[PDB]
There are 2 protein chains.
Amino acid sequence: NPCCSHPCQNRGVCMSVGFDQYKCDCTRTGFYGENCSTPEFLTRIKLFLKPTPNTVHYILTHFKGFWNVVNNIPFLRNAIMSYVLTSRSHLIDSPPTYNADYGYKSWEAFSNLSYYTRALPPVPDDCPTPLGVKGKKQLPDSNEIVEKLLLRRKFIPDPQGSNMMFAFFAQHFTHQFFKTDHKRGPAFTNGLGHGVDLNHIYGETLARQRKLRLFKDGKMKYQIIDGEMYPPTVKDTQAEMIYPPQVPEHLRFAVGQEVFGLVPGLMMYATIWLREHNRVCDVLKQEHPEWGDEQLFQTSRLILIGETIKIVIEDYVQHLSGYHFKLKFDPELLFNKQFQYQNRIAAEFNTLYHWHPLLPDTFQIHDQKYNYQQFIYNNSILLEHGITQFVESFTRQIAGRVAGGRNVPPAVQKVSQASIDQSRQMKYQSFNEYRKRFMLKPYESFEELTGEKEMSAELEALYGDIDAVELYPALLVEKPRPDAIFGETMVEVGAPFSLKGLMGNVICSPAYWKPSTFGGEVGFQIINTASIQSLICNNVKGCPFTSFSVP
Amino acid sequence: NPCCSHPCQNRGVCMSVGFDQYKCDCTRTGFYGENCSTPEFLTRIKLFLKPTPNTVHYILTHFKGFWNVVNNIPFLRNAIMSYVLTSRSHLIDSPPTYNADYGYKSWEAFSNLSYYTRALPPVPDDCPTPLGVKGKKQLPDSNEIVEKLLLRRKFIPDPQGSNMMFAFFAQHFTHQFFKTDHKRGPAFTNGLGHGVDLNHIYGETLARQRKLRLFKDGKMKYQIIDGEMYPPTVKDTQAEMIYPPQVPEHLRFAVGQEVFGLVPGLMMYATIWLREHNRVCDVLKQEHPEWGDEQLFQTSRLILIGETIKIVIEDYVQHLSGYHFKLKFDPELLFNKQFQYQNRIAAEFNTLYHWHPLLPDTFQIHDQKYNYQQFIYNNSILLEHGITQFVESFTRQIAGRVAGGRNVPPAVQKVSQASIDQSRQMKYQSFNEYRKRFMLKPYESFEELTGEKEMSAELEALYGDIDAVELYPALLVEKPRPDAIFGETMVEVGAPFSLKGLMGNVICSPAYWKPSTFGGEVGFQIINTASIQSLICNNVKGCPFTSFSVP
Ligand SMILES: *[C@@H]1O[C@H](CO)[C@@H](O[C@@H]2O[C@H](CO)[C@@H](O[C@H]3O[C@H](CO[C@H]4O[C@H](CO)[C@@H](O)[C@H](O)[C@@H]4O)[C@@H](O)[C@H](O)[C@@H]3O)[C@H](O)[C@H]2NC(C)=O)[C@H](O)[C@H]1NC(C)=O
Ligand SMILES: *[C@@H]1O[C@H](CO)[C@@H](O[C@@H]2O[C@H](CO)[C@@H](O[C@H]3O[C@H](CO[C@H]4O[C@H](CO)[C@@H](O)[C@H](O)[C@@H]4O)[C@@H](O)[C@H](O)[C@@H]3O)[C@H](O)[C@H]2NC(C)=O)[C@H](O)[C@H]1NC(C)=O
Ligand code: COH
Ligand code: COH
Ligand SMILES: CCCCCCCCO[C@@H]1O[C@H](CO)[C@@H](O)[C@H](O)[C@H]1O
Ligand SMILES: Cc1ccc(Cl)c(Nc2ccccc2C(=O)O)c1Cl
Ligand SMILES: Cc1ccc(Cl)c(Nc2ccccc2C(=O)O)c1Cl
Ligand SMILES: *[C@@H]1O[C@H](CO)[C@@H](O)[C@H](O)[C@H]1NC(C)=O
Ligand SMILES: *[C@@H]1O[C@H](CO)[C@@H](O)[C@H](O)[C@H]1NC(C)=O
Ligand SMILES: *[C@@H]1O[C@H](CO)[C@@H](O)[C@H](O)[C@H]1NC(C)=O
Ligand SMILES: *[C@@H]1O[C@H](CO)[C@@H](O)[C@H](O)[C@H]1NC(C)=O
């Protein structure tokens, strides 16, 4: 296949013409020529006036005195936030295009929701090398890559101070749209909503939802233990959950997501959100005594969705970005813009979000310290200590650094390898191709990627060519930004995926973004004043202080 | 329920506040006040400059010499067509809101694709009257409505000259997204693509598609009969079709849509589009001898989708409108506008497209006249005459006028009654409520609606109040425009749904609307030069003259 070398630059579409020739479609790329590499006049100018991401990142992470002024001038904050949203939006194809089985546009790829979509097309089948034309005939041994480059020798804490509240929020939140269907294969998903629908609370299907609902006051089923509200059982709901035989019947908590019983950190947030839903039902009941159970349930769901997006932007992304600028969740910022209120989850977004290095060596709850074997599938620990003690402890324990290499816990060594192996059967293009796909300069050397000497040497011994380095491994060994959890690429690729999934949500559209949608101003206000602190304060006994970073 | 009165005007959202009070959400309506009835300053002006639809219709259907010059100046033609598209589209909620089960915004209503969506929410369950407050406690007998107002005494031909080519095209085309799942109920659909995906050619599911495909050269299965290409059999494809047991196996043609064997007219268009698909495969193979079966199939499908939208706008809607202005299919007209490339089929769109009056008393092919009992499920008629004779004959046979009342063939009486019964199951608001929803002044009397005395009287005897008249019966008895097939409402309500369904298609989005999407410029040119005449000329022996109007 002549398109194996990925000849078309700047988002140009490559098409074969006969057996030995190809053609590049430069339509609306701002470039022309055989490979869409010659800039148009207007393009030369725009390229000359674009700051580098590292320049812009510097600006947003310094001058705290300046940003403190900007954050308190609504007009400016709105203007800045508007830029942040729109300056990235042009990097996501919407409606979506390719998937694992289609490197050309097709109705199958567009219409079949069981697939993850793809930011870059899959490497064609019969190519000289797995990645196209660069690199060796065979990719390096995946286990060898994990051990030499990814495995933790000594715990590397996150310099930004991200804690376990953050790490488990990241996992809980993203696992509502990262639901890989490993029956079919890594290219397929079970989250047909393809975004923030809160299916991990309410269930992916109506059948599961009816098993989880109380059908009184709009609320979700629950049980009281030691005066505290917890999720219901599988026995009570008949809602299937993933549990080992060793887990007794009365400890098989049923929640929206079948796998959230795997780890107590997930069951903590599931409990918190469950409580929040029933709390909002009580508020709405007070406001609307004429409302029935169905409308109480549906309106509460729409509110929690709003809370979720609110919290993710203004607390979660806020902490992750390290910006002194105060991010703002406000759908009105897009009402005068060209924006598509739809989204399809990208397989690469999933891959890049394998933040295994976040995980500590042991989990520390109160006085106790649990290893992975003791912590996994253990709702006893949740009942023993309680949510309050969980929050206090998770807020204090720091997470591991994601970029910079060699920080993956040996306990999840198999999962790290799987991420590499699964990236290969989905035929991912190289790291540098994804750099270019998101307006970044390709690395010219291994040393430029890692910013050090020995890991880069290992990469060269394994891959040989810098253009042969794979997406997932490179993201984890990439040179971090100064005192940051990530490197340049992780942010520049992830941010557009993330913002698209948040602002693209239907509740953000002008027809939905109204008080009547959420039951009136009281309901609308719950969204617009939501925070990770208030979420905990409203639903966790004692109202403990919490944050996404260690104090 | 205080909202039974439909108090909120101008797209305002009604919400109950306690048992006896309500509240209107006037957000972004352009109006304010308790009822969203008081216009803002800009709105006050906008309404003043906006011409009435009857005026605009007059200007587009007269001054034939003036439009002749506008049509040949691309700057003017593009600008006008652009306004046509945008001015209509703002009347459609996208992403979609209500369905038959939800008169308030809910995630269930948004996410469940099995429902038709709703331009107006259902009438609340427990209201004084079926339509809310207006009208009698019980709606008139649906059979009495059909007999008095809708049944055809004597055939009334369409003044616009619509022929059977047009009638069967309307039926064939619209039945890809009007696929009511009566198993579940009238509120539900089997077309989860919710638009122009040509599932009626290729099948809804991948399983049925694989049954119809040849898996060589990207082609669809077929058989040759008298030198001419026809659809394959059920026995060969194992694709389910709906046929009475008395139909012999060799006459059981298998096509994408299960019901198209019902009438030869549909099976005619199914055969033509089948031929076109296999024709485009031959064209693409010449351009791409390096391509495989899968890519040839998928690319052909995308091209036929383009042809359909092209033909619908510049031939079908062009004839239907009666405009002297030449409508244009050009996705680039929207690339600088705010527009959502998504759509959800509205139940009301389905209802207003029950154009039963189009049907003739008998079907006239060559020298023979077939009644309904003769014509239904009779594919032997198709083979006897051939597609060419079908095209020649149907082009010449006049269709019935749709508006004006009393033109529904008694043969389909029970179908017309079902339209009324079903719309009542789904709790449609009144005809006047749908007029106001689409910026039309509500009718003051029955006489203003029909423009005459006889049907007016029978209407008042049945409904009592003008605000009690139902959508479907009113559309068919409405005073038709001068020498036109429809009345005002049908167009002003139908056109937004239609254009949104056409331009909202994914292939019209900037990422898709490129030559590379369609296999290069040769494929792209197939779309952009498509017409109903070229579709016939390329696939029907002898290249017979055809048109959507009688010669
Ligand atoms: C879009 O909306 C449609 C209309 O609301 C949804 O269709 C409806 O789906 C529900 C649930 O799938 C279905 O109700 C069925 O619920 C009963 C379930 O209870 C039984 O299930 C357990 C299973 O182990 C069993 O032990 C017991 O028998 C327990 O009682 C079914 O048993 C029963 O047959 C009933 O049909 C509705 O019938 C169905 N409605 C229609 C009109 O089709 C549709 O699911 C939704 N689409 C989504 C959410 O994707
Ligand atoms: C999105 O894409 C997915 C991947 O392409 C689609 O999943 C695939 O779906 C097909 C069928 O829907 C499935 O094929 C399976 O069908 C075989 C049966 O074939 C014969 O068997 C019956 C027996 O009665 C016969 O009557 C039929 O006529 C037919 O000739 C199975 O035996 C076999 O297991 C085979 O796998 C694929 O497995 C499946 N692939 C994956 C990876 O899941 C998915 O359907 C699509 N989503 C849509 C269209 O909504
Ligand atoms: C912040 C990100 C994050 C965290 C904290 C986290 C925390 C933990 C954790 C904590 C105790 C455990 C035991 C695991 C273990 C697993 N994770 Co994650 N995971 C994370 C991101 C992901 C993602 C993303 C996937 C793929 C999701 C999918 O496709 O369903 C994943 C998949 C897995 C799988 C599937 C294996 C496979 O073959 O793909 C296992 C097992 N893991 N992970
Ligand atoms: C231009 C529009 C048009 C035409 C010419 C047309 C011509 C014909 C025709 C010609 C020989 C026949 C035998 C019928 C007979 C039927 N029509 Co139509 N129909 C049309 C638009 C529709 C639509 C739209 C529906 C509802 C489709 C759905 O919900 O799936 C429909 C429904 C039906 C049904 C379903 C039963 C019911 O309860 O509604 C039958 C039977 N009919 N119609
Ligand atoms: C958890 C400990 C990981 C064991 C890694 C075994 C594979 C050898 O890994 C080696 O380890 C050395 C010391 O870290 C590095 O300096 C080398 O670059 C690396 O290749
Ligand atoms: C605008 C901006 C800036 C910095 C980060 Cl870290 C993000 N967010 C992410 C970056 C990389 C990967 C994931 C995310 C995320 O939002 O989840 C955003 Cl959206
Ligand atoms: C712009 C315009 C003008 C006139 C008609 Cl008739 C249409 N088309 C329809 C009008 C009413 C009902 C249906 C349609 C249609 O396109 O099918 C359009 Cl889109
Ligand atoms: C870019 O075009 C040149 C000739 O214009 C060609 O030799 C080269 O192969 C193209 N790029 C790639 C990566 O092949
Ligand atoms: C849960 O933790 C307890 C400690 O209280 C331990 O004894 C038990 O083995 C664990 N159960 C698991 C991991 O299933
Ligand atoms: C608004 O309309 C409702 C319709 O029933 C009416 O009861 C009410 O008096 C109106 N209020 C106004 C016009 O202020
Ligand atoms: C079907 O049409 C044929 C002519 O092609 C005719 O002989 C036959 O009687 C028709 N069938 C019915 C049931 O009328």
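Below, chain A is the first sequence line, B the second, and so on; all start at residue 1. Per deposition record, X-ray crystallography, 2.4 Å. Atoms within each ligand, like the ligands themselves, are counted from 1 in listed order.
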Trainee: Which drug or candidate compound lies at ligand 7?
Mentor: meclofenamic acid
Trainee: Under the nomenclature of UniProt, which macromolecule has the greatest contact count with meclofenamic acid (ligand 7)?
Mentor: Prostaglandin G/H synthase 2
Trainee: Which chains, by letter, have non-hydrogen atoms under 4.0 Å from some atom of meclofenamic acid (ligand 7)?
Mentor: B
Trainee: Which UniProt active-site residue from chain B sits closest to meclofenamic acid (ligand 7), and what is the minimum distance between non-hydrogen atoms, to the nearest 1 Å?
Mentor: B:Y353, 2 Å
Trainee: Measuring from non-hydrogen atoms of B:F486 to any atom of meclofenamic acid (ligand 7), is the shortest distance under 4.0 Å?
Mentor: no
Trainee: Just to be sure I read this right, does meclofenamic acid (ligand 7) sit under 4.0 Å from the backbone of B:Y353, its side chain, both, or neither, counting only heavy atoms?
Mentor: side chain
Trainee: Between B:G501, B:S498, B:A170, B:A495, flag the one that comes closest to atom 1 (C) of meclofenamic acid (ligand 7) by a heavy atom.
Mentor: B:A495
Trainee: Using a heavy-atom cut-off of 4.0 Å, name the UniProt substrate-binding residues of chain B that are that close to meclofenamic acid (ligand 7).
Mentor: B:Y323
Trainee: Under 4.0 Å from a heavy atom of B:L499: give me the atoms of meclofenamic acid (ligand 7) that qualify, with their elements.
Mentor: 19 (Cl)
Trainee: Could you tell me which atoms of meclofenamic acid (ligand 7), counted from 1 in the order shown, lie closer than 4.0 angstrom to a heavy atom of B:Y316?
Mentor: 17 (O)
Trainee: Which is closest to atom 12 (C) of meclofenamic acid (ligand 7) by heavy-atom distance: B:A484, B:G494, B:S87?
Mentor: B:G494
Trainee: Under 4.0 Å from a heavy atom of B:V317: give me the atoms of meclofenamic acid (ligand 7) that qualify, with their elements.
Mentor: 2 (C), 7 (C), 8 (N), 16 (O), 18 (C), 19 (Cl)
Trainee: Below a 4.0 angstrom heavy-atom separation, can you tell me which part of B:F497, side chain or backbone, both or neither, approaches meclofenamic acid (ligand 7)?
Mentor: neither
Trainee: Identify the binding-site residues of meclofenamic acid (ligand 7) at 4.0 Å, heavy atoms only.
Mentor: B:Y316, B:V317, B:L320, B:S321, B:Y323, B:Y353, B:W355, B:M490, B:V491, B:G494, B:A495, B:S498, B:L499
Trainee: Give every pair formed by an N or O atom of meclofenamic acid (ligand 7) and a protein N or O atom closer than 3.5 Å, one pair per line with both atom names and the distance to 0.1 Å, or write none.
Mentor:
residue: meclofenamic acid (ligand 7); atom: 16 (O); partner: B:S498; partner atom: OG; Å: 2.7
residue: meclofenamic acid (ligand 7); atom: 17 (O); partner: B:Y353; partner atom: OH; Å: 2.1

